[PDB]
Amino acid sequence: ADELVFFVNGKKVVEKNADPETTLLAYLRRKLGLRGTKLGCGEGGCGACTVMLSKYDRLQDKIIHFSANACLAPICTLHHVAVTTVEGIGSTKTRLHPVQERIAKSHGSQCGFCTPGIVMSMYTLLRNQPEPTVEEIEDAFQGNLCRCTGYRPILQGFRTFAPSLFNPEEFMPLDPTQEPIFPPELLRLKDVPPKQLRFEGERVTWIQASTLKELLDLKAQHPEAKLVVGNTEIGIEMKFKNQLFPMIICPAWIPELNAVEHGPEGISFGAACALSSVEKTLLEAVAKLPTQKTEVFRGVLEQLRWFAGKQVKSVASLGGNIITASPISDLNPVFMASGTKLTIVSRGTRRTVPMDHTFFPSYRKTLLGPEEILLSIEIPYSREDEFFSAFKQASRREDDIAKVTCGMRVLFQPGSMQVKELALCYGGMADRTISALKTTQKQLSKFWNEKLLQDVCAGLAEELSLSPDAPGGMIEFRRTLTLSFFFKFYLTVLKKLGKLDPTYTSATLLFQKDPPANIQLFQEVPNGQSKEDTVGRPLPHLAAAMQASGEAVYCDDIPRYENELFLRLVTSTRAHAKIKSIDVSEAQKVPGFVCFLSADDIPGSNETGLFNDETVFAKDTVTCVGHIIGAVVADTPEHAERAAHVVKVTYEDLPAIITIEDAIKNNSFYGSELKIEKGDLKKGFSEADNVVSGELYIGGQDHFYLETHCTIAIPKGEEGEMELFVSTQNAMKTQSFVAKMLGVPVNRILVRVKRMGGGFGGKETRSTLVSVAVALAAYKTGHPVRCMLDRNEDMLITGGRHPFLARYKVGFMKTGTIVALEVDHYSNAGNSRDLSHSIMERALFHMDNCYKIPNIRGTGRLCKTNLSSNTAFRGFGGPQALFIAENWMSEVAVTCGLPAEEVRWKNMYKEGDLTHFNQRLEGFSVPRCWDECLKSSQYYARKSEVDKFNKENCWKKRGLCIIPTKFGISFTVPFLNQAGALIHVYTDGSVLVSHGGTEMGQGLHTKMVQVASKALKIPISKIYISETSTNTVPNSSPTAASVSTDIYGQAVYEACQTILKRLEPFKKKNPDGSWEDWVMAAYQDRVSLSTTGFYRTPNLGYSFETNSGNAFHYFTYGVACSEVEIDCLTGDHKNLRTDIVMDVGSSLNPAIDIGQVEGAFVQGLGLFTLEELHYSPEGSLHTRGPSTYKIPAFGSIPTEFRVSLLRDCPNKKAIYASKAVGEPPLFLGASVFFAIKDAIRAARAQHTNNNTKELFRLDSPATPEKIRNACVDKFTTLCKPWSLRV
Amino acid sequence: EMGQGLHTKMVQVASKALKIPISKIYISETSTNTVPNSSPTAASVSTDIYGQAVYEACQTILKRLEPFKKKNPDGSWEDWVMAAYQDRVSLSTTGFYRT
Amino acid sequence: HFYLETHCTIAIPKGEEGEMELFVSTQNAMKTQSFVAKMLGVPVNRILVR
Amino acid sequence: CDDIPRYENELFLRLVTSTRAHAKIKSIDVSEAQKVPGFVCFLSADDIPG
Ligand SMILES: Cc1cc2nc3c(=O)[nH]c(=O)nc-3n(C[C@H](O)[C@H](O)[C@H](O)COP(=O)(O)OP(=O)(O)OC[C@H]3O[C@@H](n4cnc5c(N)ncnc54)[C@H](O)[C@@H]3O)c2cc1C
Ligand SMILES: Nc1nc2c(c(=O)[nH]1)N[C@H]1C(S)=C(S)[C@@H](COP(=O)(O)O)O[C@H]1N2
Ligand SMILES: O=C(O)c1ccccc1O
Ligand code: MOS
Ligand code: MOS
Ligand code: FES
Ligand code: FES
Ligand SMILES: [Ca+2]
């Protein structure tokens, strides 16, 4: 093998034994020790692994810079390429780069795991355009996801490159002259002609071909050899589909495969040209050539706008997309509809054919022979009388897989409306790209008119049929899209042939962004407050700079010991079955295999889980797909994964219960019914003028913390001692569960948590699934062992939010006043209890939202099913119950024919009222939040503008909704409301604070340092918090229920008071001395400078049996108004504007609190409108990665996004008058859901029927499928019994 | 610990003070983030001074557990400890001594 | 002295805020901590000696 | 201490000490040291940050 030579951050790397299977991400992290680049998914959709690549382009005679996903970039494609990672642009140890400084100071980093990738996407943009436009800045992040921030701060801080939370005037200006130079050595090497290279790995041989002749000789000798250019398809096939291609040929260096030629018929691109290059060339052509010649080009560009992100488009080749031949390719339908010419060659042969329906004969195949390669593609200029359109509709606009995608072309006889040629090609409607030939052939010679529209729609409905078992489901929606896209094409062509009814015009408009507008309002601190007292000030997260530089250490970033091994979980592939046998004979053959662990290897107990109803490793039976059966330990992660894949388990299926309906039918529940009942329901229903009954469903949610679960376990070899580094919110339970499994006392186990790259409740208990397995491996082998879950394992195994089904009945007066309410809740709990009971209790505690209901009955049942156990997720049952409440409230308004805001206001609690669980509402600020939100959002004025828009538009509608929320603060299990701290003041006066809480991005340590600095009256610079550990603060409650600031704040405060009391005698003797003087005097006088602090929330204890006692210490409140615009023909929608007013008492840190409000709101927006998990009828999760599970993207947030923290609202019940903010704002994301529902009502009034009191059901999430299907019209109708009783 | 058996003696002291077997007590290591500003282990006084500091920390634990012992006199150390935890009483304390 | 185990130290730099964790054969973790902090020019609270 | 496993990237230090009871250090030449396989660096007073 030849040496692979490339550069990383300006340093030369010579790899003498490059393995073709090694990705750049693995190489950076495991060989170069550069851990700033992260693994977030391994499938190209999160951007956490983003790096910049720079090379000398021989064809352009210039150095080019572009971004790429290190998780998919083979190092074997990087010969003579210069890589720049986050570490290469700046650091806190030298100096931060402006991109790093701004994202940190703008509050654009919370947990920090996505920060390096976003920093690199932004950095790459600036290296290409030092003064980008706002649009270029937003587009730079099509391929980057953040789960914490809600995106607003990242964009607002970066907008600077185009009281207040940050000051742009302080920012260091960008100076391009100070950027690292391209490696001089690489610039010299450019003067040496390319030579063919060969790399040999453990399983694969890679040939880098330098010339076209070499490529053709290689393909003639090895027809099976797999070509790889960008690796964005092959990398997925290798990693996720268990494919192994022993020989790969990379033809990327070949001039002919990279040539661009402008011919008389069109523009030709070599097959290796990156999509970003195609995009640039076509944009240039569209700007220079007449509109009539660029119809096809604009179609290609419209698809490229929504094709992955910058990282993928910069490496993905044209040839790769065409030859991969995926049924959902967004480009093949366009190339097929336009008859794009393909030049195909093999040694000694060359032919050119226009792409047509025959080019794709069957699933993933094309008409190329085994020895042939695609050389170039010529995209045609459009002719006179020829028009083209391309459309794509997915689950999320940005970086998503098409549900239906198409290319449509029509050629008319000269100057007429008479069809000469017509081509309608679709992706997503079959196992290959297809053309609706039967349908289009019938229109040849017909004229473009209403009858043609009807005939084509009827034809498409018949020809593009979908059987009920079609892969991907969404049968009705997909068929509706095929007709809807044709309708858009039809109207667009009429416009181009030309007037369209003005109310129809917007149906022809391509998606357009409106400029962003963001405002944050909060309260300034008192005039006389000391500059060193930072409580109330917008201090950035203390680790934000290190997060932006890639220096912040997350679990897997901790270096491995030389003898450290890797663990891979072996999980069930059946929902419910007996395990008959396990065969490890094949796994034992994989190189580096160490051992297979199972239940029999456990030295202590195999009984685990919060309620002791789970196994550590399955014994005799598996009860869900993903149920952990055992684990393989090996010398490398790849070897452990390969060995685990071949462990063969033989099963015998048992009857399974998957759904809530299955559980109810089978009486499959955990425990008995939970219930809260107040008043007289029968009397209430008798009094009611109206009564509405219904059923509602809300789907689950995957946490999608950017850092998945991970544990490192270090066995000491003495007395059973073990030290573990874990990404968990619950070190205490990690510690006791590990000790229980090992059969040793809890005092032998040390758990340390530095920080988590997100938790969101998902790491409150389920992190032990991994911790305990890794601990067993360390115990059995005597070696350190680690495991970080891949995203697909994480989504499958670890549980998520509980789906809820509700059956309700509400009685109300004609005025809208509620007089009775019954709601029966059912949650899908999965295969163990875990936190399901407490979650249902919190759901019952919030079924009132902010409304007084005199007679009310709510019940709850936990469904026991053969699915992974669901758990805590930000909101913990509250969002589900609050959603159900707002759904019936929205129906009361509709039924009464009254404005929704009036009906909500008149039902709202008042100061001093009692809730349905009889707790008094003291300091009830919803009314102020409501009136202020109505005013600042200009709700009334906009309501009329929305109505006007709906009158003027037939196929687009707007919706507006304002909703309130209240969230009870405290753990509903009394004993968890306790908190400890430990503080030491060293002899130099520096202070080390330790407390029971953990940092997961919410800024808890930052707030505790702010609190300690105010209490001690010393600068925050003298205080430090390093980590959370069980040997500093024991028996800690999980960092949850949004109360960490409240309780650890008090514990830290109390520890500081003790320190002050001890120092007082020294301060009195030397009043003019310094803190350092007093500390040293205390030390010399032998006064201890170490103390604990503790806090117990008072007066808590509610009983469901007596419906009495305080469930919560106080409530956090807020109101949100959101406006949306839906596309009635596709299901897509824009979040136009959202205004939030939140009561967080006297904020300890308005930057962090506004960040929590925005982040929580966006996660709620995701829950209610974008995020959906799909499972087979047998209980197997289909959606296991960002490609199929769509969380909010940069482009998903409200365009105008305003957040205000309520002024003059101190909360006497918590530290420094503040209020909990973690979870309360999430439900406000439902304001988007109800604005969408309002818009759908307008669309139904327009095309469905005139029943203005109709109550149509809309379950959550309101995805494009649900939105489109609810917009009933002539198209949904197109996509019988012998007798009917009269 | 440098071989002189200081941790052994401290476990013996803590066991006598708490009136529980030494098997329930453990000392893993010495660290600056658990006990700060320590004098060097020297002058032959470690047993004397850390013995007192350990003794005092044990007294504080006993005082916190006393209400639970009085409520359930026939219970076990484990019962009292869990009752204290469930009642949100801290089971962590410092101890200190000055000759 | 002829202690059978001679002097020994392992120093682990964390890469964050000057933090360092040291495993040391010493009777004086306090002075080890402050002397390391003094040489590095960082506050004593950044140094952990075990 | 030395029984604690080494990290995969853990390096080793060897002190360079005076061979004279009392003298001026005129110069230090590490050119031969730099040739030893595995050499990473020579550290001296000017490398101290604090
Ligand atoms: C996060 C993500 C998002 C994506 N988004 C989209 C999307 O929105 N729409 C869409 O359609 N696709 C999408 N893709 C798919 C993928 O990026 C494209 O199919 C890409 O264009 C393939 O190019 P490549 O160079 O990376 O292919 P590779 O993976 O390198 O090769 C792909 C296949 O093409 C063959 N091949 C390559 N070049 C030639 C040639 N010259 N002659 C003959 N055979 C050849 C290879 O042998 C292999 O079978 C996405 C992928 C990821 C990872
Ligand atoms: N950035 C970030 N913010 C977050 C989370 C997170 O994992 N990352 N977890 C949320 C959840 S589920 C909770 S309960 C609270 C917990 O922290 P707190 O009690 O300090 O507010 O933070 C919320 N905000
Ligand atoms: O929110 C709660 O009420 C709660 C109760 C018990 C455990 C975890 C929790 O979040
Ligand atoms: O209470 Mo959060 O960890 S769901
Ligand atoms: O006092 Mo002993 O350490 S000489
Ligand atoms: S880890 Fe590479 S895109 Fe997510
Ligand atoms: S700050 Fe972006 S994922 Fe946490
Ligand atoms: Ca559960």
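Chains are designated A, B, ... according to the position of each sequence line. Shown for chain A, in order and in the PDB entry numbering: 3-164, 193-528, 537-1317, 1326-1332. Just so it is clear, chain B uses the PDB entry numbers, and the residues here are 1037-1135, in order. Per the PDB entry, chain C residues shown: 741-790, in order. Here chain D follows the PDB entry for its numbers: 593-642, in order, are the residues you see. The header says X-ray crystallography, 1.6 Å. Side-chain atoms are counted along with the backbone in the values below, which use heavy atoms only and exclude waters and symmetry mates. Both ligands and their constituent atoms are indexed starting at 1 by order of listing. Heads up: this isn't the whole entry, just a piece of it, and contacts are only counted within that piece.
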Which chain contacts ligand 3 the most here, in the terms used by UniProt?
-> Xanthine dehydrogenase/oxidase
Compound at ligand 3; choices salicylic acid, methazolamide, azelaic acid, phenacetin | salicylic acid
Identify all other chains that place a heavy atom less than 4.0 Å from salicylic acid.
-> A
What part of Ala910(A), side chain from CB on, backbone N/CA/C/O, both or neither, has a heavy atom under 4.0 Å from salicylic acid?
-> neither
Pick out the nearest UniProt active-site residue of chain A relative to salicylic acid and quote the non-hydrogen distance to 1 Å.
-> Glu1261(A), 5 Å
Proximal salicylic acid atoms for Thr1010(A), defined as those under 4.0 Å from one of its heavy atoms = 2 (C), 3 (O), 5 (C)
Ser1008(A): numbered salicylic acid atoms lying under 4.0 Å from its heavy atoms | 3 (O)
What else, ligand or ion, lies under 4.0 Å from salicylic acid?
-> ligand 4 (dioxothiomolybdenum(VI) ion)
Give the residue and atom name of whichever protein heavy atom lies nearest to atom 9 (C) of salicylic acid, and the separation in Å to one decimal.
-> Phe914(A) CZ, 3.3 Å
Would you indicate which of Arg880(A), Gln767(A), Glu1261(A), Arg912(A) comes nearest to atom 1 (O) of salicylic acid when only heavy atoms are counted?
-> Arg880(A)
Would you mind telling me if salicylic acid is within reach of the side chain of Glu802(A), the backbone, both or neither, using heavy atoms under 4.0 Å?
-> side chain
So which protein heavy atom does atom 7 (C) of salicylic acid come closest to, and at what separation?
-> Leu1014(A) CD1, 3.6 Å
Where the closest heavy atom to atom 6 (C) of salicylic acid is concerned, which of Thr1077(A), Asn1015(A), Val1011(A) has it?
-> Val1011(A)
Residues of chain A binding substrate per UniProt, non-hydrogen atom under 4.0 Å from salicylic acid = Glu802(A), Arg880(A), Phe914(A), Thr1010(A)
What residues, by chain and number, sit within 4.0 Å of salicylic acid when only non-hydrogen atoms are counted?
-> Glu802(A), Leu873(A), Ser876(A), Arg880(A), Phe914(A), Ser1008(A), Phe1009(A), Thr1010(A), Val1011(A), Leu1014(A), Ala1079(A)
